Number of protein chains: 2
Amino acid sequence: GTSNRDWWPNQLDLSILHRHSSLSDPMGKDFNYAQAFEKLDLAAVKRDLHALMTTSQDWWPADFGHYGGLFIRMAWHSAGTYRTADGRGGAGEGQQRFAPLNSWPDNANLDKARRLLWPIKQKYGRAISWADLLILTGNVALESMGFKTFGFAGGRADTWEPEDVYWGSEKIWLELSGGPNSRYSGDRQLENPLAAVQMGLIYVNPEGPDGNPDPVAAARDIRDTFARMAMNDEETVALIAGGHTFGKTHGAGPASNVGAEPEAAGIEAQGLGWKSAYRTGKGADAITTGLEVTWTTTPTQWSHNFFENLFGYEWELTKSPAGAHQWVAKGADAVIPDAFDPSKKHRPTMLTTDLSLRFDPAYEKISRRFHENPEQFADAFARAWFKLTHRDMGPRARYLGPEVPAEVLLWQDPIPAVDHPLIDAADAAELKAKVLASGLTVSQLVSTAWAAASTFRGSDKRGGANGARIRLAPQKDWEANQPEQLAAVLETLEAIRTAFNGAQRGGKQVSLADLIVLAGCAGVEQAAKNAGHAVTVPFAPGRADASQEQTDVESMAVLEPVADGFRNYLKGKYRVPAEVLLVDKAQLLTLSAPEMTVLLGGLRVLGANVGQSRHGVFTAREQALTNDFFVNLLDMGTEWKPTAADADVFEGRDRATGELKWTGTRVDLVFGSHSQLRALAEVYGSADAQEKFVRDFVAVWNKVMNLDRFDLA
Amino acid sequence: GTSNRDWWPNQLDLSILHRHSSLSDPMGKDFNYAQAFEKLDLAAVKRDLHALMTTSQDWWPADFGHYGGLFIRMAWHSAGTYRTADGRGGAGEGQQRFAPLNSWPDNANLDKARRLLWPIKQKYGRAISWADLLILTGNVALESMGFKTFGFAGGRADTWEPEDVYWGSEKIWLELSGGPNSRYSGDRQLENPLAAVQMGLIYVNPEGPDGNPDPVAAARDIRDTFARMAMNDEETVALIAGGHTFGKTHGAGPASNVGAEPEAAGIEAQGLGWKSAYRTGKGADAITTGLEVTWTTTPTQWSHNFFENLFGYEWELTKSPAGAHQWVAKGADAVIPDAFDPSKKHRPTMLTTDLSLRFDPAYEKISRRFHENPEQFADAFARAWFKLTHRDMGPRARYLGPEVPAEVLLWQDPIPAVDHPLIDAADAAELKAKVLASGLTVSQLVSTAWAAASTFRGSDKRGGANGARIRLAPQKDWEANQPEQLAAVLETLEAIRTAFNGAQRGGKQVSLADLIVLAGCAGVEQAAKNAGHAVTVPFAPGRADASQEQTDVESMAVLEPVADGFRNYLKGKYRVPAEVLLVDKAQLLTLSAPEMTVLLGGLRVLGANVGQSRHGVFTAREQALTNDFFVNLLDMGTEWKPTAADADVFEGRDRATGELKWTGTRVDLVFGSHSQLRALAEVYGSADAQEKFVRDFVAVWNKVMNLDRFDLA
Ligand code: HEM
Ligand code: HEM
Ligand SMILES: NNC(=O)c1ccncc1
Ligand SMILES: NNC(=O)c1ccncc1
Ligand SMILES: [Cl-]
Ligand SMILES: [Cl-]
Ligand code: NA
Ligand code: NA
């Protein structure tokens, strides 16, 4: 069946904005997962999971009689697809169960793990999402084996179709670097936003870089990919050594025995894959990765044996029965149990990537400290495991259930509790009138509030106007935020706030986070008034102001807009066309194509462009909220040509006279080009559309303002 | 970006069921196009369109000073993608403005036509859809040029993204037959459901089959493609000769002058394509197809000159300035006007496909009759043009506005008006009790109502339970409908009906159409009662019984289910896998993936399978409405394997004992295999889901029952 994608392989793909519709969702449109989960008897689930750990099923027998290792790996992989660059991946939408992740080579035999959990899923039904269950199971595994976890938050709602995520351009699973679609360039620089070394891996190749078993060089990849997953050196050592305290790898025989991944398997496989022809195909004969390593003498019990072994022995290179590189302790005693035969024991073994923890000089110092103080190791691993598995859950307000940790962590971008009465409608109207009487312009108010709100991304639910972090490092200095204009606006707002708060009785006051938003609302209302329309922009109070001390500046770097088509901003020159970046941004903002279209056309005429650029400002009444962008964009009286100076900027001239009327960017003109966006533009560009445009603008504006307001959910 | 479609190119694609969501739609959820159109001043639009016909724009100058020909071609093409095999294509969704149809070679320069309409679109806004405007503009063109149309109906709502239609497998535009993805096999047999000879054509190649200019062989393709678009010989001659009474083709210079189609063109082209490097690139220099033919001496006025010329001259093969085969009149004077230069005239010319109307012996007779009786020609063309442009509109109840023809036509599958009081809720309860007392089983009732309702397709809005056509030829005889069982059920229902109707006062009666449906509802209520659930199934009366004379039996043939996964039925062995045919069917029924899942799992346990097959009947309480399908399908205690007799049937055996528990087909097992369908199955298979299952089943049931009930909109 030949498709639009086959005929026009570089056209824009808008379907990414329209996933997750009510059509694909089996739950009623009123279904509220948070309220279902809040009534789940979580202790009862955890008792069932505890039982599970040691109830071996013959179709996938439990190593050492205990599924703990397998489930820890399953949870780790669920969380481990996470990239800080865009917030995509991670455990928070249960995407391990869909394509492609369910069939990634690094996820081999995690299909068995997920299937082991069906009876418990089935028992508790909609009160526990798969997403939450995968993470909970990991926790229970650790707990069953003697490890005290830091806590657990429910709240990850299930999703019903695969996400659209750029995982790389390679066309071959696990392709080595330096191919026609290499994710590496220069001096082993991994392309953003990727966070793994090969297509279908979680982070790194366990044999070493492109299969070279050099622990020192492997450590370089570990550090890079873990950093791209938001983990520093301490966290990375804790997580790796923590996880490889348990279980084993599977490599009983040659890898050519293993069949098709789940999405390529036959229908009879019922969603399972990697069927193995090697001996029994499971248990003692299992092949997953091809490595054959068991790290510890008690693979079902928390211990400090990983570091005891790592440091206690000297290691020699060897080959698994599948031929993969791995390490064995030279002439150790055979002290490591066999997973199925109680009369066999084995020597200590390690992956090349495990040895990285000892032979990378930075890791070695941390690893030694963990070896000599295994309580520090346990506390670090607990914290890191919580961070791993919760990193894409968003604000602490989404955390559910009785095991949520009380401690507030820096990585959570915490927002202080509000302890005082909030402003009401009359107060909001008085502030709005003050903001407008200060002489702040429509353009300044809208740009500031846009800049504050639009850092939100739905992928990991980081960002947004809550916190007033726009006033702090690093946001206040991002080029897209126009630091000098921003500083002037914030100064005037802060004076209005101080005066307002000083006049109150009874503890009422307004946060600057709220006022920035409210001022943006005044701006949009004044714009509408300039166009002759009386509208009220909805506003919900209750944002609070975070301090610089509660704001990790390095972690905030990834939220910087380098492309914001909504402000006609591109920080530099990229290989990805600007219109593609626009749609990506709209996806992170959770906008549909209609919402993206309305919003952009309104922002243009409000003066939200960075640097007061006239590109796409197709109106002779700037700062009035009108549909002029659309009417003028669609006017066939104008002819567009790319400029000689820049192929990415266009001049619009009167077709009859040649007179220069406007200039625009690819982001502006895509709305007159792409056949689906033009259809949208046409609706807003019609003579009956003025009222619709304003109402839809205000709605989407409001929506953007509220993206991070999970305190109100 | 490598996608799931690249990795697993033969997986099922469920996104086709979830297009056309609220997310992609710029109109509010409450927007009702019918009500907007009913307030449009249609007369005023038509005045504006009249004005347009002779308002020539410099960017695409009107031939002969009149755009009529162009707009007739535009409207023809809009309607001309229609296939009777699935009802997909046609004018009714305005899909000509989206990919791929906006960029089909046969639609070249229709982008200009559509752009000329923007001011009118813009003026009237949401009150007239593009879909309607394209056909209206065709009508006005004809009327402006002196042809009186049969009438016009509004009501085609706009759509907002491209449909997912199989247009063929070729990877090259216009590829000739016999390639690696040939749409032809055997003795020039065109593959169903296709209705064009080459990828990117409407029907046939104007130079002749695969470009060989044999009018007789061309006539074969014409007949086959037009038949696949629901037109017989009389209609086809009328339409072709009718249409080529107007306008001209465009072929002023070599085709290598013509640039990128709209979807490939630059952003600066603002949605237009085929920019030509030949001389001025437009007007007198225009290149569209490459042919250069002008059929009549008055290309802007209705005449009888097409047949005068066709029969009046003998024809010699020649070449256009682009090199295409075409025909010129032997010995003729230069009597055809030039489109731009009043001092030039040309000899009469014809396409190979025009000469088909004279050299095909069957077309010749029709053509001669039209020649000698031009009133018969005019009336046939009027009727055919109305049919062409309204064929996919569905029931007459959907027809809006003041130009709707009063005459009821056979091809509309008309439904007689209801002239008597309808049964009310007390009568419906009485009939249900009678149906249940008669001894008809749950399985009989559900199968019959399913068979009646499930002929509906949303593509052209044909089919459905309205009419009681299940009791007529050919439906009563379809294998999928189990003719023998059907005849017994209809006999018992007809007796219940006669008794009920005979007992009434005041003209009240119930149609068999309604009773079939109501009986289906009683069967579902009983099934629910068998399972311990107290369920009332919604019923809406008002169907009427159509007569055999109101039911064109040939036309009905295309509605025969050769694949109906909802009754585990496949009429033969096909190249397309059965699960693909299931999803296609669900798409025609307007079902989302959840709806398709719930519906199939319920039908299985209700006994709706053809021949009482046990395949997929995964319950020990058949005829009870339970979620057993799901719970049993997902039970990991069962292992599935294809049978030795048949690779498409599976045996499910107890994994521990080897005991045979169930058998199923690919349609059954796909719900436990495909990762998105399995996620749905899991909701319905959960321990808290029995009530949800029942309620969702009843909802989808009712939806299917009501699919053709446009009298209730
Ligand atoms: C550089 C990072 C990592 C590498 C390259 C890596 C590699 C691997 C490989 C190759 C296996 C064997 C899979 C198989 O054949 O069955 C595995 C197993 C395992 N890994 Fe990791 N790992 C890494 C980090 C982690 C982390 C962060 C955790 C959890 C905190 C984790 C926990 C596990 C566990 C529990 C298993 C045991 C599986 C079982 O018992 O079935 N690993 N690892
Ligand atoms: C065998 C069926 C047909 C064939 C092969 C065919 C072929 C063509 C071709 C090649 C053109 C020239 C396009 C160009 O270069 O601008 C055209 C023009 C046209 N056709 Fe057809 N045609 C078919 C049927 C129809 C029908 C059914 C209608 C309408 C009822 C129609 C109405 C027109 C009109 C009005 C034009 C003139 C366009 C103008 O003046 O710009 N044709 N046809
Ligand atoms: N791949 N997923 C995302 O980009 C996303 C998910 C949910 N809301 C916004 C964006
Ligand atoms: N491709 N188009 C269809 O299959 C369809 C369209 C509208 N309703 C149901 C089915
Ligand atoms: Cl994602
Ligand atoms: Cl279609
Ligand atoms: Na994410
Ligand atoms: Na259709």
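Below, chain A is the first sequence line, B the second, and so on; all start at residue 1. Counting convention: from 1, in listed order, for ligands and their atoms alike.
- Going by UniProt, the chain with the most contacts to ligand 3 here is Catalase-peroxidase.
- At ligand 3, the PDB records name the drug as isoniazid.
- Contact chains for isoniazid (ligand 3) (heavy atom under 4.0 Å, other chains only): A.
- Interface atoms of isoniazid (ligand 3) facing A:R88, defined by a heavy-atom separation under 4.0 Å, are 1 (N), 3 (C), 4 (O).
- The PDB header gives the source organism of chain A as Burkholderia pseudomallei (strain 1710b).
- When only interatomic distances are considered, the shortest N/O to N/O separation between A:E163 and isoniazid (ligand 3) falls below 3.5 Å.
- Contact annotation: A:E93 has at least one heavy atom less than 4.0 Å from an atom of isoniazid (ligand 3).
- Ligand-side atoms of isoniazid (ligand 3) in range of A:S459: 5 (C), 9 (C), 10 (C), range being under 4.0 angstrom from any heavy atom.
- Closest heavy-atom approach to atom 7 (C) of isoniazid (ligand 3) within the set A:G90, A:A586, A:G458: this belongs to A:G458.
- According to the deposition, there is no covalent link from isoniazid (ligand 3) to a chain.
- Close contacts of isoniazid (ligand 3) with A:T590, meaning ligand atoms under 4.0 Å from a residue heavy atom, involve 8 (N), 9 (C).
- Less than 4.0 Å from isoniazid (ligand 3) sit the following other ligands and ions: ligand 5 (chloride ion).
- Against a heavy-atom cut-off of under 4.0 Å, A:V165 is close to the following atoms of isoniazid (ligand 3): 1 (N).
- With a heavy-atom cut-off of 4.0 Å, A:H20 does not touch isoniazid (ligand 3) at all.
- The backbone and the side chain of A:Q587 each have at least one atom closer than 4.0 Å to an atom of isoniazid (ligand 3) (non-hydrogen atoms only).
- For A:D164, every heavy-atom contact with isoniazid (ligand 3) shorter than 4.0 Å involves the backbone, none the side chain.
- By chain and number, the binding site of isoniazid (ligand 3) at a non-hydrogen cut-off of 4.0 Å is A:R88, A:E93, A:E163, A:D164, A:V165, A:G458, A:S459, A:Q587, A:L588, A:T590.
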